[PDB]
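Bortezomib (bound form) complexed to Lon protease homolog, mitochondrial, as determined in this entry.
A, B, ... follow the sequence lines: proteins, then strands. Residue 1 opens every chain. Every number for a ligand or one of its atoms is a count from 1 in the order of the listing. A restricted portion of the entry is shown here, and the contact count covers that portion and nothing more.
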Amino acid sequence: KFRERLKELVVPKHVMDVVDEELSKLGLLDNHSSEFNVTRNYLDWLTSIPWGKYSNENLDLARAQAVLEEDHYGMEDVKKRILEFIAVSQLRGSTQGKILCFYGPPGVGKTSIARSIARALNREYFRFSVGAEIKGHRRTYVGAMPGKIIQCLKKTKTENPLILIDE
Amino acid sequence: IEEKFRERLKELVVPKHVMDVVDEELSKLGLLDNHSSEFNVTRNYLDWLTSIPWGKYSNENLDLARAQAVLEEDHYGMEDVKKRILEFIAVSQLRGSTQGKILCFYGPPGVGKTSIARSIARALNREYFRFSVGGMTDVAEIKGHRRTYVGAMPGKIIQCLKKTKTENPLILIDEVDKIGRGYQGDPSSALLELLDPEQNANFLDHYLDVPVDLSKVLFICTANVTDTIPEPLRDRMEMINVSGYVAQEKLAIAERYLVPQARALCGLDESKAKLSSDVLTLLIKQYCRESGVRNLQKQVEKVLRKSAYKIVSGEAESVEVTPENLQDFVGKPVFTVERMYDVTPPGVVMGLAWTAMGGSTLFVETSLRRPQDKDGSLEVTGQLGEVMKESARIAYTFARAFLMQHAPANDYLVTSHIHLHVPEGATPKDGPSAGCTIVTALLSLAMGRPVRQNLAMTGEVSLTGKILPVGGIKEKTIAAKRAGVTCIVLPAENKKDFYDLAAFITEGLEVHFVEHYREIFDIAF
Ligand SMILES: Nc1ncnc2c1ncn2[C@@H]1O[C@H](COP(=O)(O)OP(=O)(O)OP(=O)(O)O)[C@@H](O)[C@H]1O
Ligand SMILES: *[B]([O])([O])[C]([C][C]([C])[C])[N]C(=O)[C]([C]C1=[C][C]=[C][C]=[C]1)[N]C(=O)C1=[C]N=[C][C]=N1
Ligand SMILES: Nc1ncnc2c1ncn2[C@@H]1O[C@H](COP(=O)(O)OP(=O)(O)O)[C@@H](O)[C@H]1O
Ligand SMILES: [Mg+2]
């Protein structure tokens, strides 16, 4: 069923390459052993993170202003700045470049504003705190886990989420 | 082998994300051979997996009256903590199922922080578990080791879940400020993973390697000082301050718990060694003036062991402890006289101070420095801080002004060279209070009149004569009561602080709340 877990999903070439290679290498090894489960979990990780799955971006500025104004009473200046950022992104075609940053006294609405931004752009929200570890470990059974960004991709099952690097 | 492990998964509710794991592992025992190392590795791995209490709880007592009774049985009046536990029960009962908080008690040594967790777990009917964290260097105690290693083991929290046979225990994590910070595996980060409600729902132990749901446990942390608790850890706890006790609280605690336990230990009953309550009051007053109760317990044990020696050495056959021969049992008193002046001369006035060992009572002596009644001066001694010297200057100016407006032909305080001293010259002292005390000292020196005898006053004064609030009203009132003051004077803006004190503290005190200094003058004369 692993092929079904990425059938309808658009896959690149050099990814299906490693997928088939690991399936053949897993047919080689013996099932239910200290060599089989490792490669099984790795091939699971290859077939879990999306490749062609997206989220239709919310480009409209009126809907964005509405979803920003619903929550977060006040903040009119931060709201104006966010609207202007979305306008520049819509006019530039993309959203890369500078990375936004909110700073101020504590308990003022800097995490919830990022959640509301994510809800605005219809991007899937994900937060990971940086208060090495963002790159994952290696498969010598020491760290059998990918990084937190790969887990973001798996969780949100969308290639364009909104990750929040809090604090 | 398989039969017992699959039977053990009967009275539980095993979640799927671990039921498939235990099934995959069971599928290996049939293949492996009973002689191999992998066999025993997976055998005790399955032992650990099936021994975890996967869905069961305890019959948590959500009755409020019973919880209050069992809380008030074990300890004497730690109300700020019992109130929190009762509100926790009330909330956990309003919103349906059992809950889990992360509380932290901080305070001086010996106030009951660690001692109360067991009675709290008895009140909630939970399974109490405790482990100290001070001095801990490695994360393997919190996390554990990968079961690949030879003698791998789960760790303290999984062992707690196995030993309590429940997954809503009360885990007392003791000494969370003395936690070591060896960065080659930092235990503070494991403690953050434990005490972080957003992620403690999946506590991934390095041995189990399946997440456990630790969101229904009541973590309680104990600290002596909060300023060395890691900041991220401190930002996930409810700091509840367990303060010290006063003479009457200490007496109740002694009579109810400390003396009976010390009698059970030393083997003396009230027929052999009589510790009356007057002796205990004198002891608490002159020897044990700290915040906790460990020193008082040691003093009680001291008296009891000396009486025990008097009996065993065949000398007394019975020991009567009277307030006259207490020195023979405990030595020289630490605090003796409580006041330096019995009747105050025209110049000196009693003030009140704050200290960690209860309050204090200091006097403000003033004296003519040169022979006379070009302007007068003020020399100020007594190890005074900058704020206190400035407040003395302010009090001097206002005293000049007030004496000019009150008795315009006095000429004192203007042409006289005065020396102001706050005795006990060795100890340093600071604070904006005693401004009214200094004004009163100067005025009583200028008019040649001693103030009311049993009168004490605290309060900041401004240049126009307004009386401003001060701090430490509890200790100052305790000190004035202890020294035999009948009339106390406080700023009018400390009325709430004074009426917030326990009733026995302010029993026979005649308090006066003032706004300006003219009222203090009308009272002190
Ligand atoms: N309010 C109280 N009522 C009854 N007994 C008390 C009270 N406060 C303390 N005790 C007794 O005194 C002892 C206090 O020791 P405890 O373990 O509470 O200290 P602690 O709060 O952990 O301080 P530290 O952690 O700084 O040593 C306990 O044995 C307890 O029985
Ligand atoms: B006051 O509240 O400012 C007061 C004035 C005192 C010197 C008559 N100061 C103190 O009580 C200080 C503690 C303090 C409290 C608040 C602010 C600053 C300082 N106490 C002492 O200085 C002291 C001195 N000797 C013995 C005991 N206490
Ligand atoms: N303008 C606002 N409108 C509504 N809720 C707010 C607003 N500002 C702050 N809050 C609330 O206060 C809390 C702020 O915490 P948060 O902003 O996450 O802390 P930090 O700013 O340190 O990240 C949030 O729970 C948020 O709901
Ligand atoms: Mg303790």
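The parts of the structure that belong to bortezomib (bound form) are ligand 2. Going by heavy atoms, the other chains that come closer than 4.0 Å to bortezomib (bound form, ligand 2) are B. With non-hydrogen distances under 4.0 Å, the site around bortezomib (bound form, ligand 2) consists of B/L352, B/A353, B/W354, B/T355, B/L362, B/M388, B/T427, B/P428, B/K429, B/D430, B/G431, B/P432, B/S433, B/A434, B/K476. The ATP-binding residues of chain B named by UniProt that have a heavy atom under 4.0 Å from bortezomib (bound form, ligand 2) are zero in number.
In the deposited model, the covalent adduct of bortezomib (bound form, ligand 2) forms at B/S433 OG.
Result: the UniProt active-site residue of chain B nearest to bortezomib (bound form, ligand 2), with minimum heavy-atom distance to 1 Å, is B/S433, 2 Å. Most residues of chain B that touch bortezomib (bound form, ligand 2) lie in the UniProt domain Lon proteolytic.
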